[PDB]
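The structure to be discussed contains dexketoprofen.
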Amino acid sequence: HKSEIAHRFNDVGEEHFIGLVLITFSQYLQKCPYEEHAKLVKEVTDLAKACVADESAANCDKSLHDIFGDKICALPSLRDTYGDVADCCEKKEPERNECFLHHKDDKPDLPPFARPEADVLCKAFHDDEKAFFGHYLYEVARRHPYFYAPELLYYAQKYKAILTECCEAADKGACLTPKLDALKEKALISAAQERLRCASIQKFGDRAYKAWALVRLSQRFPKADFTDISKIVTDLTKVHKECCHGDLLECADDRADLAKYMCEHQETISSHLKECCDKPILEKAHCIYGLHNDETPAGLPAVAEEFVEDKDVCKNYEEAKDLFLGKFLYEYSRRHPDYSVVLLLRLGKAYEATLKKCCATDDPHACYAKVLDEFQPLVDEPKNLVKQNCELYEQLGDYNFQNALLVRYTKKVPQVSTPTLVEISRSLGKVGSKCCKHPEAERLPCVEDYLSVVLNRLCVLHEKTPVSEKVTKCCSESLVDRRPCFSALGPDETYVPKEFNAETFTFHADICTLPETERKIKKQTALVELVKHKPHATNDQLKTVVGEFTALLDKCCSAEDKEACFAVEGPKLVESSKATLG
Ligand SMILES: C[C@H](C(=O)O)c1cccc(C(=O)c2ccccc2)c1
Ligand SMILES: C[C@H](C(=O)O)c1cccc(C(=O)c2ccccc2)c1
Ligand SMILES: C[C@H](CO)OC[C@@H](C)OC[C@@H](C)O
């Protein structure tokens, strides 16, 4: 393997190679049209093929970054399409590659992912599968420039499974949509989980992600020994570092090598692996990625005996910190399948901080004897929040619960851009729908782990154009304390309210063309803007002025001439709003 391109082509096979290269280009160049990307893919794939034939062929010895780079720059369009991706080809490797990476956009300016009509969609699918899935991987990857690439391949396969079933049946849409919405929601959660893994590695270092993986894998495979869970964490950290950095072919090859390793060792890892290890490669790794927890081995000693009683606690911590704190996370997490990963990391942090304090005293055991008892308040803190918010979710339902959170978050961090506030509050709402229904003991980990990915999305959206200082502080001070940090924010009483824009409540007629989902987004946008104008208004005053947004909408979109309805109701809403809010 002196030729990388040949080595990856041979390892992943033509079909995945082509998909991974398409995703690679789609993530780096999110604005470029499909045609350009398919050209680059063929050019790279032709080069791959020339090298597999004869490793001595021209460019066969380049790095994958060189090859992607040399194909990108030779392309006619880029400098006109992009201002600052013109900039990058003005560097050499590794600077050139690093540059492309920093331009990845977490919210590229693109219209929503078009879901054509059921028969239309089924027709495209039968017409030309290859073109259909190429467009699919492009449209998702460009909108989610850190999506776990091997998993995006899996989603394309699932999408094909769903189409194959539904497209032939008597009603199309009726079969299709509940499945395509299930799939979309599962893929969005996948993208948000991977975005958190990349942000952990990139902002906080490999160790931030290794501790998170150690905890999760300890809980999933508690019968595995610390050595094996450690080897898996190491390999997984490498896989995610590669995928998060755009080394998609290496990431897919390494992930497939890991799945193969775990299958070849399943007896000593988990009996639950047999489900997965019988499947084809993408289903097999997907299955492993989300596998349900094994049962805890019977007969494990009391966790106090290694971590509080052993005379060598301070010695171990001082002489081999990561090994000893890793063993702490492995032992505590395997014993606690029903804690969120983040709580287990916060307990790991408290245990560490207690050792740091206690081991510098005359009597460390006297100092840290109660360390494990001192966890309970941390355990109990996320409980009260979950119970109060899940009863509010139960009572208000999705739409009003989202509204409630929208008003609460806009008052906490009112400098945040309205689209971000809307998107985050809507996501925080979906945590209610996903989590509140589970038995109480599964609720905590569901909610807490889900809130991590939603807050990380807020942090990554805010990172690029920082506008609020509390968000910068909560996002930058920790990974694991982000949720308590945001929880503790009261209303910002420092923010100067915005004065009243006429232009905020009339969006011409294009609004009349929007599906139900988008109308609600528009209402929610108006709500955020009302809160930014009048942060002290009552919930009922807010609702009223939105109710009157609901009217001016129904009115012009019930009326023959919406435009003339606009002159009559648009300012008049300026008026009725003054009446209601002052
Ligand atoms: C009174 C009620 C409660 O606490 O039981 C409550 C509390 C917070 C929010 C809301 C809303 O649904 C809402 C809807 C639109 C705009 C603003 C608020 C309702
Ligand atoms: C952290 C943040 C805050 O309050 O600062 C917040 C906002 C809304 C809800 C929750 C929840 O715990 C929760 C519980 C059930 C469903 C969805 C969210 C937490
Ligand atoms: C191109 C090929 C069509 O048969 O795509 C099928 C879907 C399921 O997968 C996408 C490829 C890239 O793995």
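Following the PDB entry, chain A residues are numbered 3-584, in order. Atom set for the values below is all heavy atoms of this structure, side chains included, hydrogens, waters and symmetry mates excluded. When a ligand or atom number is given, it counts from 1 through the structure's own listing order.
Put simply, copies of dexketoprofen show up as ligands 1 and 2. Contact analysis gives the chain with most pairs under 4.5 Å to dexketoprofen (ligand 2) as the one the PDB entry calls Serum albumin. Each of the atoms 5 (O) of dexketoprofen (ligand 2) lies under 4.0 Å from some heavy atom of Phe488.
Regarding atom 2 (C) of dexketoprofen (ligand 2), its nearest protein heavy-atom neighbour is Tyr411 OH, 2.8 Å. Among all non-hydrogen protein atoms, the one lying nearest atom 17 (C) of dexketoprofen (ligand 2) is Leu430 O, 3.3 Å. Close contacts between dexketoprofen (ligand 2) and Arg485 involve ligand atoms 1 (C) [criterion: under 4.0 Å to a heavy atom]. With respect to atom 12 (O) of dexketoprofen (ligand 2), the closest heavy atom belonging to the protein is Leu387 CG, 3.2 Å. The ligand atoms of dexketoprofen (ligand 2) that sit less than 4.0 angstrom from a heavy atom of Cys392 are 15 (C).
Taking a cut-off of under 4.0 Å to the non-hydrogen atoms of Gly434, the atoms of dexketoprofen (ligand 2) that pass are 16 (C), 17 (C).
The protein heavy atom nearest to atom 8 (C) of dexketoprofen (ligand 2) is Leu407 CD2, 3.2 Å. Of all protein heavy atoms, the one closest to atom 13 (C) of dexketoprofen (ligand 2) is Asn391 CB, 3.6 Å.
Atoms of dexketoprofen (ligand 2) found under 4.0 Å from any heavy atom of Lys414 (numbered from 1 in listed order, with element): 3 (C), 5 (O). Using a 4.0 Å cut-off to heavy atoms of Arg410, the atoms of dexketoprofen (ligand 2) that qualify are 4 (O), 7 (C), 8 (C).
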